[PDB]
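Let me begin by presenting the structure, written as structure tokens, before commenting on it.
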Amino acid sequence: XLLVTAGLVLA
Amino acid sequence: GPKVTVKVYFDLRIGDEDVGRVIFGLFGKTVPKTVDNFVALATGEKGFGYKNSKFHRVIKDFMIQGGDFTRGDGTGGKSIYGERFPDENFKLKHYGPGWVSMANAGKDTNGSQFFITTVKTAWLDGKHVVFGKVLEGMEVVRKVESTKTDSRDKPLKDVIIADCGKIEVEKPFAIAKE
């Protein structure tokens with residue numbers, strides 16, 4: 001999807 | 001709206017090319033501790049920081065993400081408060097293109113990674129701490145936004161923060177207002 005994470009990038 | 005209390009500049013390079021300067025205005029009265037962290041990493045004060053690090057993830061019509069100066073891949077970075085620090089507050093939102101916010105791995109996991117939105121991203125409101133906005137240089141943000149990326153959204157040419165530093169503000173001023 002459209003997230004902004006650090007370590008587990010998701011959809 | 002909120003008042004700019006400090007400015008930070010980044011000089012960016014895309015591959016072998018000096019592409020320009022981006023100037024951020026930071027809202028130190030709204031989120032003082034998240035602003036102090038970002039400014040300290042831009043000056044390299046505590047011996048580590050953003051100079052010479054890369055933007056590892058850019059997605060057109062969304063945002064460009066950077067700040068991982070230890071691993072360079074999205075899993076690293078650290079703050080001046082320790083490896084991670086808590087969410088300060090969610091007073092500001094991702095109002096439109098050009099707002100700067102903290103990337104994280106869920107609640108209270110801020111380190112040094114940040115992103116600059118290139119569109120309004122209302123679905124991130126309340127989950128990511130917004131602390132500044134681009135005052136000058138939105139056109140060089142759009143050049144990084146348009147670089148070719150591989151299928152993991154990593155730029156094929158390295159986007160580097162070649163130099164960065166703080167610009168003092170003698171009188172805090174409000175942004176253009178409505």
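In what follows, chains carry the letters A, B, and so on, assigned in the order in which the sequence lines appear, proteins first and then strands, with residues in each chain numbered from 1. Hydrogens, waters and symmetry mates are skipped; everything else that's a heavy atom, side chains included, is used. The listing treats every modified residue as its parent amino acid or as X, leaving its further atoms out of the contact count. Determined by X-ray crystallography, 1.9 Å, according to the entry header.
The drug candidate or drug found at chain A is named ciclosporin. In the deposited model, most contacts to ciclosporin involve the chain that the PDB entry calls peptidyl-prolyl CIS-trans isomerase B. Ciclosporin is contacted mostly by residues of chain B from UniProt domain PPIase cyclophilin-type. By chain and number, the binding site of ciclosporin at a non-hydrogen cut-off of 4.5 Å is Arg57(B), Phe62(B), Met63(B), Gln65(B), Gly74(B), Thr75(B), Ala103(B), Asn104(B), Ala105(B), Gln113(B), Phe115(B), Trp123(B), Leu124(B), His128(B).
At a heavy-atom cut-off of 4.5 Å, the residues of ciclosporin touching chain B are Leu2(A), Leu3(A), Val4(A), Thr5(A), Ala6(A), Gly7(A), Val9(A).
The PDB entry designates chain A as cyclosporin A.
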